[PDB]
Each structure stands twice: as C-alpha cells, then as structure tokens.
Undergrad: 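Structure in structure tokens, see below.
Heads up: chain A is whatever sequence line comes first, chain B the next one, etc. Quick note: numbers on chain A are straight from the PDB entry, i.e. 1-213, in order. Chain B residue numbers are taken from the PDB entry; in order, the displayed residues are 1-224. We number chain C the same way the PDB entry does; the residues here are 167-186, in that order. Below, each value reflects all heavy atoms present in this structure, side chains not excepted, and no hydrogens, waters or symmetry copies.
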Amino acid sequence: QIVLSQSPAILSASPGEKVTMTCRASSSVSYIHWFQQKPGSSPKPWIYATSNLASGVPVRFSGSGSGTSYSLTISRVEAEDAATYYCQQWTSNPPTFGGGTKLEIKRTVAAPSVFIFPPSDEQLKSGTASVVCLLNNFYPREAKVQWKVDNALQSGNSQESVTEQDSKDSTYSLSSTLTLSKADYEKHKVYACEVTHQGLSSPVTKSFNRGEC
Amino acid sequence: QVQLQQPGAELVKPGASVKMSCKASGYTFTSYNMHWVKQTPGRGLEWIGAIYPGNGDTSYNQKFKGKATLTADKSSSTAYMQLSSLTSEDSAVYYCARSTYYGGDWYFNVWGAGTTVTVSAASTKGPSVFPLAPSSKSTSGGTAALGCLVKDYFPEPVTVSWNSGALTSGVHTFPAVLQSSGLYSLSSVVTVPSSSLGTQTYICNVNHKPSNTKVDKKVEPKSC
Amino acid sequence: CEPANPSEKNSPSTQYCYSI
C-alpha cells in the first residue's frame, strides 16, 4: 500500500485568504483525489482525477500535481470551508488515504455570551448536583473558565466540552460542568463561573446562590 | 437520488460478530463496485475491501482479510460486511461507498452516512435527562439560554432535538464525555429571545435507541 | 496485477497482466 503524507496537519486561514495544502506519495501515482469531511458526516467527493471539481464544489477550489507531489488550493477561503481535507490514491491496491489536513477559520474576535445553570430539582432528588457554565459563540478557542465556590477557585473536579467550529459564523461553544455530591454541594452558598477571553473587555462572572431561586 | 443507506450504530460484545447493511437505490446495484472503508481517529481512513454485486467477486486488503467478509444481495440491493470476533481495535466508523468510472481512474463518488460500531462488554444504560433552567439573572438580557443535561447513559449515541425538530437554530449539542464511571454525559443548549420564555414552551427530546428509551423533558424557566 | 475493483478480475488488461 502506498503511503500518502499530507501537510500541514492544521492549516489556519483567515476568511478571504488564499491557501494551499500538499500531498506526497511514497511512490508515483497517476492521479490523486480529494475529499472534504466535516465531523459527524461522511467524507464528500471534492476533487477527482487530480484537477476536476465534483458536483457543487465552488471555483475557489482547485488541484494539481504529478508523480509523487500533489496539491489542493483554495483561492478565496470562506467560512463553510472549515473541515479536514483528505488525500486519496487508486494507483495501487490496496487504495489508500492520507492523514488529512484540518482547515480552521481564523475569523475576527468574538466574545462569549456566558450563562450559568444551577442543578435541577430532579437531579438532587437522586443525590448528584451538576452545575453547568455555558460559553456561547466565541473566538478564538482559547478561553479560561474558572469555577468559584464561596469565593474560592476550584480545580480538577470539572470537565469541559467544545463544539466544532460553526460553518456559518466560525465560532465555538463550550460547556464546563462541575459535578459534586448533594452532601458537598450543600456545604456552600455562592456558586460562580468566571470567564476570561480575548473578546470581552474584562473577565465576566455569572453566579448564583444555592437554593435561593 | 443515487443513495447508500447504512444503519447509524451497532453495539457489539467483544468476541461477537456483526453484519452491517448498506442498501442502495437510484441506480442499478449490479453494475458498480461497492467498497467499504474503516475510520478511526488514530489510524485514519482505511480501505477494507470491495465487491461487485453482479458477480459476487470480491477484493480484500490483506489487513482485513481475516476480519471482514463481503457479500451482496441482488433482490434487495444490499451489500454486507461481516466483522468477526471483534476487539477494542474494531470500534470505529464503517462506510460503504460505490466506485465508478475506471477511465481516468476510479472515483468514490457516493458514500454512505457510516455506521458507528462500539465493542464493549458493558450493559446498556438509559440516560437521565435533567433541565438546564434559564434564570432571570441580574442581567436583563435580550436572549436567554436553554438546556438539557443528558447524563449517565451507555453506549453512544443519544439523539437530542428541540420541540420535535421545530427548533433548530441556535442549538449546540456537545460532544459526549466518558465519565470516570464508564458512562457517557452530554449537554444540549439553545439560545432564544428572552420574551418568548413565557409564550413558547421548550421541550428537549432525547432518544437513546440502544436502550429503547425516549424522554421528553420540559425545561421550566425560573423567576430569579 | 490484482485489481482493487472486483469488476476488473475478468478484464483484458488484468488477463494480460497475469501473462507476465
């Protein structure tokens, strides 16, 4: 099986930029193929036979190359281009795919809209208390979510989760939920979430007093 | 509509075998080669094998020669791939894809949505669904945020929608997280205009097929 | 000589290919 090496692994592109990604093969191949894959979905035929565009693929895309060196290039990067692009070859059996180059949009700065969620009544009626902090539609990805309990910073007892970059606005969303026992949850009054991000003027704090409302 | 239909997910016990389907429509199933591709975050997209439905002829990648068996049924126009004695390394997404045009060279121009396989001995566990209520806060706000905490379920995946699919804009369903307990947790939020919190009723619908569990939760606003 | 696409198995080129 021929080995296809792609580069770069991650390609950061600002909306409107002109970028290119390469694909190299362990030994010569007659044609190279490109597929676009957004997460949760099947990879889509994007370029076939080195230079041809698949159905519904914009003129911004293009591809060329020969022997062991090929490339895909976007003339004008747009938001809906975020995804991993995969290299592919049919010259040898078994046909092989490349490792993929992930493209992410470096859009303009965007502050998160922060919301904090107290544990439900049904949840404590089961012995567990989950407190969620929501960071909505922000960029860049780097954001500091810090849990404060009775004015004291917490650590290690909370997990985070991030969505993929949105195809229309190119931002991320993040959920950070603190989980602790009913018994321990009842030992404190003020539960807060502190957020620092490039976008907001100053670190914001959304909080609530246990069992007040 | 040339299309390839594959089931969404399958939970397999380590040691067992699983036979996956891939129904085709919109073209004559016997004049095209059907291919199967494996996908993992660590080993990427791997070609498993292919079959020609009009012959029964099959082609394999040496790597999956003793792991996969490819078959095709003419009358129901379905392709099948049987995975034997599955181990943790077999947990992945599996695609079926038709190839066409030997001319220039072949082309994977029609793919299936992919069937996600999880091999685990663990028992199926339904999700507990709790509401993430939008408080009134100190902040007046123009838009409030609504949510649903779908936690302690196994195995993936869980489908979450809003108002029977009527509300889609502004929804963010987060990637599941395997908790220390070996169960998965997930959250689904939506932003909506503040003034609608008293007129509209927001329901989150959770579907966890692998445990035959369907729950509809009302997330009740809180006057704070 | 072995084709990735099974529908090639009986082609003129694969048969010629086997005629090494």
Undergrad: Name the main binding partner of chains A and B here according to the PDB entry.
TA: B-lymphocyte antigen CD20
Undergrad: What is the name of the drug located at chains A and B?
TA: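 At chains A and B, it's rituximab.
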Undergrad: Would you mind checking which part of B:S99 comes under 4.5 Å of any heavy atom in chain C, side chain (CB onward), backbone (N, CA, C, O), both or neither?
TA: side chain
Undergrad: In terms of heavy-atom pairs under 4.5 Å, which chain of rituximab (chains A and B) has the most with chain C?
TA: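 The leading chain in heavy-atom pairs is chain B.
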Undergrad: What source species is reported for chain C in this deposit?
TA: Homo sapiens
Undergrad: Given that the side chain runs from C-beta out, which part of B:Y102 has a heavy atom under 4.5 Å from chain C: side chain, backbone, both or neither?
TA: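 Side chain of B:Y102 only, per the 4.5 Å heavy-atom cut-off to chain C.
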Undergrad: So which of B:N55, B:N61, B:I51 has the largest heavy-atom pair count under 4.5 angstrom toward chain C?
TA: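 Highest number of heavy-atom pairs under 4.5 Å: B:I51.
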Undergrad: So what's closer than 4.5 Å to chain C heavy atoms on B:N33: side chain, backbone, both or neither?
TA: side chain
Undergrad: Find all residues of chain C in heavy-atom contact with rituximab (chains A and B) below 4.5 Å.
TA: C:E168, C:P169, C:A170, C:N171, C:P172, C:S173, C:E174, C:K175, C:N176
Undergrad: What residues of rituximab (chains A and B) sit in heavy-atom contact with chain C, using 4.5 Å as the cut-off?
TA: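 At the heavy-atom cut-off, it's A:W90, A:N93, A:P95, B:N33, B:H35, B:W47, B:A50, B:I51, B:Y52, B:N55, B:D57, B:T58, B:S59, B:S99, B:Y102, B:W106.
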Undergrad: In the PDB entry, what is the name of chain A?
TA: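 It appears in the entry as light chain of the Rituximab Fab fragment,light chain of the Rituximab Fab fragment.
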Undergrad: Report the molecule name of chain B from the entry.
TA: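 It's listed in the entry as heavy chain of the Rituximab Fab fragment,heavy chain of the Rituximab Fab fragment.
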